[PDB]
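What follows is a model of Metallo-beta-lactamase type 2 carrying bound benzylpenicillin (bound form).
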Amino acid sequence: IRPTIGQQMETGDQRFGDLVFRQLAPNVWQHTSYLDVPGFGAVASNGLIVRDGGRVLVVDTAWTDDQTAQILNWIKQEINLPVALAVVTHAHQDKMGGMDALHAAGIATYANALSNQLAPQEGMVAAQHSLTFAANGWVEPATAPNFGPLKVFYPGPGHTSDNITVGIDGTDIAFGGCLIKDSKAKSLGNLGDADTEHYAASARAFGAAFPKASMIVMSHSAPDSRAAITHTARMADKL
Ligand SMILES: CC1(C)S[C@H]([C@@H](C=O)NC(=O)Cc2ccccc2)N[C@H]1C(=O)O
Ligand SMILES: [Cl-]
Ligand SMILES: [Zn+2]
Ligand SMILES: [Zn+2]
Ligand SMILES: [Zn+2]
């Protein structure tokens, strides 16, 4: 789609409307949507789709309701199984812009309690359910019922104070959202809402939470190696 930011199209990718889908594993797909900033071009944002038996789980919306409805259409066409729930990884437009489409479809939505509290101030609609976390960052399991392979971890403040991450159990994939940047990145992206003091520790805590994940998925670059984690932390060390 030639985005100004985000990965470019490659052989594995499937174009569907204005979105791009890439299979990462037999049961995991990356969804990519684009926001056109006037005079600046398209910014890509990635999330995940995970099949868990007879149901589908989603991580992050697209930028908009319409794009998010297109994700649901793609799932309907290509997988033809119901979406059980969606997790959104913090209260910004690239991750929560499409909440209304999820709610219209009857899909149960989950976010960090802090994301839900921040959502009005960030121009977002809150998720219908709040996740809470232990002092070491692991989600309280009572707040994440029937999450299947999704293992939710709060690594500490970084890109935002509310950013969360998700490992996919039964695979070697973990999703760092906007916290993690790729191994070739020259910046940490938008630090406007960031905690620059704690960023490096939070990036490394994500790595330690999922020590055997070899494929690191993130919001604005193609999936990368664990060097994404180490490079992000090294960049954050200089903050
Ligand atoms: C890609 C970014 C630099 S922008 C994005 C986030 C702000 O965090 N911003 C939004 O979601 C709102 C937005 C609206 C219109 C155009 C760009 C961003 N996330 C940043 C990041 O991951 O580093
Ligand atoms: Cl903002
Ligand atoms: Zn953000
Ligand atoms: Zn803000
Ligand atoms: Zn982002």
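The first residue of the sequence shown is numbered 1, and numbering continues consecutively from there. Excluded from the calculations below are hydrogen atoms, water molecules and symmetry mates; all remaining heavy atoms, backbone and side chain alike, are included. Counting starts at 1 for both ligands and their atoms, following the listed order.
To find every copy of benzylpenicillin (bound form), look at ligand 1. The site surrounding benzylpenicillin (bound form, ligand 1), defined by heavy atoms under 4.0 Å, contains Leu35, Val37, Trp63, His92, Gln93, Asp94, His159, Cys178, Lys181, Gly189, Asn190, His220.
Nearby ligands and ions (under 4.0 Å from benzylpenicillin (bound form, ligand 1)): ligand 3 (zinc ion), ligand 5 (zinc ion). My check of the UniProt Zn(2+)-binding residues in chain A for heavy atoms under 4.0 Å from benzylpenicillin (bound form, ligand 1) returns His92, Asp94, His159, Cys178, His220. For atom 13 (C) of benzylpenicillin (bound form, ligand 1), the closest non-hydrogen atom on the protein side is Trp63 CZ3, 4.0 Å. In terms of protein heavy atoms, atom 23 (O) of benzylpenicillin (bound form, ligand 1) is closest to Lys181 NZ, 2.7 Å.
Of all protein heavy atoms, the one lying nearest to atom 1 (C) of benzylpenicillin (bound form, ligand 1) is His220 NE2, 3.2 Å. Short version: no covalent link from benzylpenicillin (bound form, ligand 1) to a chain. Restricting to residues UniProt lists as binding substrate in chain A, the heavy-atom distances under 4.0 Å from benzylpenicillin (bound form, ligand 1) involve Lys181, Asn190. When only non-hydrogen protein atoms are considered, atom 9 (N) of benzylpenicillin (bound form, ligand 1) lies nearest to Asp94 OD1, 4.5 Å.
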